[PDB]
Amino acid sequence: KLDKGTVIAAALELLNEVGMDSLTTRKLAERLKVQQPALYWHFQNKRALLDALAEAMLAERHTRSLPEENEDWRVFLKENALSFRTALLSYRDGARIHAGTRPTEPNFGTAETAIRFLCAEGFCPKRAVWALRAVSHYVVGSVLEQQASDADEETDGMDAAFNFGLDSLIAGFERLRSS
Amino acid sequence: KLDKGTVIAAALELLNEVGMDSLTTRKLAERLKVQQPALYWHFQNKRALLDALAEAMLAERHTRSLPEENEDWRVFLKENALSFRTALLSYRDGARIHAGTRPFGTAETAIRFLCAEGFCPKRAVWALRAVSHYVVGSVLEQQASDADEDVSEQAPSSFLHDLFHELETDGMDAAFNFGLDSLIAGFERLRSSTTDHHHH
Ligand SMILES: CN(C)c1ccc(O)c2c1C[C@H]1C[C@H]3[C@H](N(C)C)C(O)=C(C(N)=O)C(=O)[C@@]3(O)C(O)=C1C2=O
Ligand SMILES: CN(C)c1ccc(O)c2c1C[C@H]1C[C@H]3[C@H](N(C)C)C(O)=C(C(N)=O)C(=O)[C@@]3(O)C(O)=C1C2=O
Ligand SMILES: [Cl-]
Ligand SMILES: [Mg+2]
Ligand SMILES: [Mg+2]
């Protein structure tokens, strides 16, 4: 009866209310109106659930995972970074939930497509990987800072700061794509 | 009664043992061998303590806060970023505790420095903030990865398997350095650009 899709859907809703710190097995089980073992069947620990949410957030919101036809690689990385940022900001503690996670089997497929697309535009395999990792780290760090300050007590400044750092990061890749 | 510096020192000590989540008022009072009211005298809540820890980490480990005499602004930003990274890496949940903290004298001094190196006041702010966000992001993911328990072994394709096997002879410093060098190389170009690079 209770499928993995329904659990994730209920968990993302509950996450936005309580946050990742207050999100527990009992709360999610009570929200789904099931006993804890039915939920434990899907996720044996909190980290396993948060990993599934991290994947779900991108699957739902992260629209620009892959390069489009006749898209400049600089435009792709900007749109990819903005799309990734939007996905983390869409849910409470999105950046902190994403932190430490390694790509899933599909994400490795999309990552390889990104790496090969950059390699075709003059990047060396190593500097393509570092560029994509550097962008993801920059976004996670920017979103964490935004979500951290919002949790406590100028968003125009964060938006302007993010866009300038992202454009700078891409402008830098142009020069340092290959030795 | 104990001074604010002694509580902060003891709190930094516990942080590296138990972590942010386990850093309770009981543990800190038991460590200092005092009653809990003694702690509440200095810090009314945990966020106030974590704000003090965030500053204390930089005061302790962050050595390159200001540029040296006749130091190139690009060299400063790299050494400043590496010094800031070192400070956050030296403490459990370092990047996580820093996140959300806002300035002030040293921050304003760094803005005026870049402002004298072909930056515009807004872009000087954005540049400094952007660097800190890249470092906070890099440290958070590394600290999260080390706390939550190989990338070459998971890779389903031969291309990624072989590539990650080579990148495991470079180190994590190589990856961070490239992103930092790219970020600063970007500033060098976009600091005096007439195009809008803070929108879209
Ligand atoms: C394969 N590859 C280079 C790695 C290796 C280790 C990693 O820890 C990661 C990657 C890929 C990058 C790609 C980036 C990509 N982007 C540059 C923002 C991205 O759009 C995605 C995505 N799901 O499309 C990521 O997963 C991503 O955020 C990510 O989480 C990564 C990531 O964490
Ligand atoms: C005024 N100014 C530009 C702001 C505004 C909002 C902010 O949220 C911040 C700054 C300064 C920047 C400076 C950077 C600096 N650097 C680029 C790494 C830095 O070295 C320091 C430092 N204490 O030396 C920071 O606090 C800093 O990491 C930081 O946390 C900042 C920060 O969080
Ligand atoms: Cl190389
Ligand atoms: Mg990631
Ligand atoms: Mg800061």
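Letters A, B, ... mirror the listed sequences (proteins, then strands); counts begin at 1. Recorded method for this deposit: X-ray crystallography, 2.2 Å. Order of listing sets the numbers, starting from 1, for every ligand and every atom in it. For the numbers below, each heavy atom of this structure counts, side chains included, while hydrogens, waters and symmetry mates do not.
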Peer 1: What is ligand 2 bound to in this structure, taking the chain with the most contacts and naming it as in the PDB entry?
Peer 2: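 Most contacts: Tetracycline repressor protein class G.
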Peer 1: Looking at ligand 2, what drug do you see?
Peer 2: minocycline
Peer 1: Under a 4.0 Å cut-off, which other chains come into heavy-atom contact with minocycline (ligand 2)?
Peer 2: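 Going by non-hydrogen atoms, B.
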Peer 1: Select one of side chain, backbone, both or neither to describe which atoms of A/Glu145 lie under 4.0 Å from any atom of minocycline (ligand 2), heavy atoms only.
Peer 2: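 Contact part for A/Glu145 vs minocycline (ligand 2): neither.
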Peer 1: Which other ligands or ions have at least one atom under 4.0 Å from minocycline (ligand 2)?
Peer 2: ligand 5 (magnesium ion)
Peer 1: Show which atoms of minocycline (ligand 2) fall inside a sub-4.0 Å distance from at least one heavy-atom site of B/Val125.
Peer 2: 3 (C)
Peer 1: For atom 19 (C) of minocycline (ligand 2), state which one of B/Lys122, B/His62, B/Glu79 supplies the nearest heavy atom.
Peer 2: B/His62
Peer 1: Give a yes or no on whether atom 25 (C) of minocycline (ligand 2) lies under 4.0 Å from any heavy atom of the protein.
Peer 2: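 Given the 4.0 Å limit, the answer for atom 25 (C) of minocycline (ligand 2) is no, no protein heavy atom qualifies.
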Peer 1: Could you identify the single nearest non-hydrogen protein atom to atom 10 (C) of minocycline (ligand 2) and state the distance to 0.1 Å?
Peer 2: B/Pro103 CG, 3.8 Å
Peer 1: Starting from atom 8 (O) of minocycline (ligand 2), locate the nearest protein heavy atom and write down its residue, its atom name and how far away it is, to 0.1 Å.
Peer 2: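 Looking only at protein heavy atoms, the one closest to atom 8 (O) of minocycline (ligand 2) is B/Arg102 NE, 2.9 Å.
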Peer 1: Which minocycline (ligand 2) atoms, with their elements, are less than 4.0 angstrom from a heavy-atom of B/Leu128?
Peer 2: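 Within the 4.0 Å cut-off of B/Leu128, minocycline (ligand 2) contributes 17 (C).
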Peer 1: Tell me the organism the entry assigns to chain B.
Peer 2: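 Going by the PDB entry, Acinetobacter baumannii (strain AYE).
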Peer 1: With a cut-off of 4.0 Å, which atoms of minocycline (ligand 2) are near a heavy atom of B/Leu58?
Peer 2: 23 (N)
Peer 1: Which part of B/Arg64 is near minocycline (ligand 2), with near meaning a heavy atom under 4.0 Å away: side chain, backbone, both or neither?
Peer 2: neither
Peer 1: Quick one: which minocycline (ligand 2) atoms are inside 4.0 Å of a heavy atom on B/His98?
Peer 2: 30 (O)
Peer 1: In the protein, what heavy atom is nearest to atom 16 (N) of minocycline (ligand 2), and what distance, to one decimal place, separates them?
Peer 2: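 The answer is B/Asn80 OD1, 2.7 Å.
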Peer 1: Would you mind running through minocycline (ligand 2) and noting each atom that sits below 4.0 Å from a heavy atom of B/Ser65?
Peer 2: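 Heavy-atom distances to B/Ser65 below 4.0 Å select 24 (O).
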Peer 1: In the protein, what heavy atom is nearest to atom 33 (O) of minocycline (ligand 2), and what distance, to one decimal place, separates them?
Peer 2: B/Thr101 O, 4.0 Å
Peer 1: Which residues from other chains neighbour minocycline (ligand 2) at a non-hydrogen distance under 4.0 Å?
Peer 2: B/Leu58, B/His62, B/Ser65, B/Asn80, B/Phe84, B/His98, B/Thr101, B/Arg102, B/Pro103, B/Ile111, B/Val125, B/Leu128, B/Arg129, B/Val131, B/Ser132
